[PDB]
Amino acid sequence: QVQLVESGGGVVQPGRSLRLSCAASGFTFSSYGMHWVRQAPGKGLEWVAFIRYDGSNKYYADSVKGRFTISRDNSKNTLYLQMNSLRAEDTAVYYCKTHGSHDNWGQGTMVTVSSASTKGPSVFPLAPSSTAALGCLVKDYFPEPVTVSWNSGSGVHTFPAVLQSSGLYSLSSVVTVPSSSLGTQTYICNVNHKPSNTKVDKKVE
Amino acid sequence: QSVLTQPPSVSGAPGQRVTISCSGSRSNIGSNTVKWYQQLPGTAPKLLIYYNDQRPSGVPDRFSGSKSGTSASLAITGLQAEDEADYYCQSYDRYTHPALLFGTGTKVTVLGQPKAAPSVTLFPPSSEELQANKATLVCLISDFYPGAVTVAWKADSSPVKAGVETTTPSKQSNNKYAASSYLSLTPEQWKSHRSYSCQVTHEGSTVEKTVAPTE
Amino acid sequence: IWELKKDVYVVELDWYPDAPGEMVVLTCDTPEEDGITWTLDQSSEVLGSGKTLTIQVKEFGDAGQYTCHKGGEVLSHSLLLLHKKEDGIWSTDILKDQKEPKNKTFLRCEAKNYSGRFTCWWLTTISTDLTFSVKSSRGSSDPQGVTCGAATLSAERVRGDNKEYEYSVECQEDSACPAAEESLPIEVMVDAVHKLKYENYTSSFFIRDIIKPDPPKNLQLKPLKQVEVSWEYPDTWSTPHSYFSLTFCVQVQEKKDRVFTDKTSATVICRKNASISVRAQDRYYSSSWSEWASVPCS
Amino acid sequence: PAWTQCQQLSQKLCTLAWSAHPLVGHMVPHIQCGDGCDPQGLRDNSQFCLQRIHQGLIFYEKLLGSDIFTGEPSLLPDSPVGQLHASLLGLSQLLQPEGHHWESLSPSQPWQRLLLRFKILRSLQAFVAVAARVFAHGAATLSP
Ligand SMILES: *[C@@H]1O[C@H](CO)[C@@H](O[C@@H]2O[C@H](CO)[C@@H](O[C@@H]3O[C@H](CO[C@H]4O[C@H](CO)[C@@H](O)[C@H](O)[C@@H]4O)[C@@H](O)[C@H](O[C@H]4O[C@H](CO)[C@@H](O)[C@H](O)[C@@H]4O)[C@@H]3O)[C@H](O)[C@H]2NC(C)=O)[C@H](O)[C@H]1NC(C)=O
């Protein structure tokens, strides 16, 4: 079972550096080459760089030549990508793809280049009114993404965020439950925003 | 230093056939093979075709590819709701050897589905939000098709235009669309006006939900 | 699978993680039909028995010198080499890309005349367990006899703190026509073997396009109170000279002043600390110039 | 024969043929072995080689005067083709003067035409090159 795991991403200001890491597993890492690919939110794919099996020859895209540096360490089965002199247009998701016919892709890690600082959300409960539905409100947070959990016993879904005119994000997660169980069960939404290290547990009644 | 040309959008009803072109030149498609990927809204690309026409394991047989001269084509025979997604073609250039040449991408959309009305739900500003001297009305819209609506807020009976912020209709897991609208207000104007409404128009049919300051 | 030469075979593989490879059946070239054992490389481990042996080839650890024995006696050998296909492309890890005249250029060929001889050289960072096999021909459909020798190290240098090893080979056209208008190109095919890895490279060209004469010969200076320059054609150039003519370029090199002529002599202006150099080119065809032939001035 | 004059002309043909700038891009009669244009054959019988040259000069002459060069795309103001065509024509006279009598593939799109202009010239270059060597060798030796 082939697997790839990216890491090292996050937020950073322009001009600064950042190192990315792709952990491999399930095959002979040292016997194959590896790529680095990126994709801006809602846009197409763009190739970044590539490195051979033995690390002998490295290749780069001309939009990152001289700035980015690729490396690997076959002893620990990992792939790296040192990104220096970062720019705004580099904001995207960065995947690691294997080189070959039956290639595999990782989950990817977000990389946000912005002079705007991080920001945590302000969670507010959304109580039900006189079937029924309830939820929570994640308001004013930057940057994406955000994770939320629920606890029930009866559909449920979470909706995407809005990009406010101020440059901040805001979403909400809701759960549809019977109007009969409104009193019995207690409901808590578990928000999490890793970029700001924020974590909240808000009760809804 | 090169790109492949794909059609931005292709469409067709369930059970029909559709084709996606990947046009290039002699340096790339005319001297190399072609791969095809399937990227679903919230995941990473998945491999569909390799070496022009081969199928991996776990890929149905309806996905069929080809290559001719400088251009290639991916054929989806017998559409399904699940096949609604973006598609990318990839190949190499005879001189930028290892560099990957991706296409412009193609948004496959499924139409002809049975019509559906939105499930609106309005929430007032929470008591905790007002304690911070702020107010936000949340009008949520879900489970409907086709994905395109318009939102209109009202203060009692008169129009509300300023302060609104709304998303673009996104697709759900069940292949219907959803969205949300947020009307930021001050604590005083929420208490002054006795009610607010969220009018959601979807294919000529308007759905209204009202709320008042109480409890 | 196919046979590269006697008891040497190549296995083409799609190189990707956890690829299953190809199933290969090796047959011991022998009359006897029982009491047979197989091995790999030097290990005495018996991998199988019988006339034939079935193996799944997916990693270099599965390749090597397969040998069958019968009573200790060595019956037949069979060497397996691997040819990686990486995402639909064959591998080119061995040779260093020269990026001249264009990318993906690993072989560069030259010829000192139209005699029918020529030389091709290539670079690599590898130092051990490295083997090359050269073949050439004029024409693909119906090839013509072109004899190639053995490839050997020609030089060793350092580039970017990593050693560069240059190899070279000499070939010759069997029945040459130096004065003719080349209609079909020369085809050069090279097999490269690094350990068990197999790769092959190619190049196509006419001879007239790769000509590079040797520098002028016997460069002399005759002063005058400014200087008279004289030289001769090189020994390697074709003959007679009234047919295969050459043109020349004279340079004095702070600056570089240059002139051209078809004669074997020229008059110029000399200066202290300067140097006079000359090179040559085919007079009627714009091939490659020759390396400079120099004589210090003053 | 008029060796001394052919050489001065052939040498100019090679000069004009190479000063031409179409962009490098990679997607018929020739002087073959035995045709007698080697130095040995010329001392034996040079007429045989000259039969081939004349045919070759008239061949490219018919080309440079066809639609390939005259038609679209527009030719260059600094185009040597003009002098090159008249040079070929002038040199065919010095061999079979007041002799030749005449009366195939023709591209349609400009791109196809522009490609052949580039494939033809580099083949022309190799033909005149062999000729100049012939007349230089004949002028230096077969000229009493
Ligand atoms: C550089 O490296 C590449 C890659 O390794 C080489 O390309 C391979 O070259 C070999 C040798 O020529 C090819 O193998 C040959 O294929 C021929 C055609 O095969 C097709 O057709 C047959 C049926 O006719 C099918 O079974 C097969 O699957 C293919 O669909 C065969 O006819 C050849 O058979 C020869 O050997 C057998 C014994 O093995 C004899 O009995 C035959 O009479 C015949 O002589 C052979 O199998 C291989 O296909 C090439 N690969 C590709 C992808 O094309 C280059 O040749 C190499 N170049 C140099 C200069 O070394």
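Naming convention: chains lettered A, B, ... in sequence-line order (proteins, then strands); numbering from 1 in each chain. Values below: every heavy atom of this structure, side chains too, minus hydrogens, waters and symmetry copies. Structure method, as recorded: X-ray crystallography, 3.9 Å.
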Can you point out which of ranibizumab, briakinumab, lirilumab, drozitumab, magacizumab is the drug at chains A and B? briakinumab
Specify the chief binding partner of briakinumab (chains A and B) in this model, using its name in the PDB entry. Interleukin-12 subunit beta
For briakinumab (chains A and B), which other chains fall inside a heavy-atom cut-off of 4.5 Å? C
Just need the chain of briakinumab (chains A and B) with the most heavy-atom pairs under 4.5 Å to chain C, please! chain A
Chain A - name per PDB: Briakinumab FAb Heavy chain
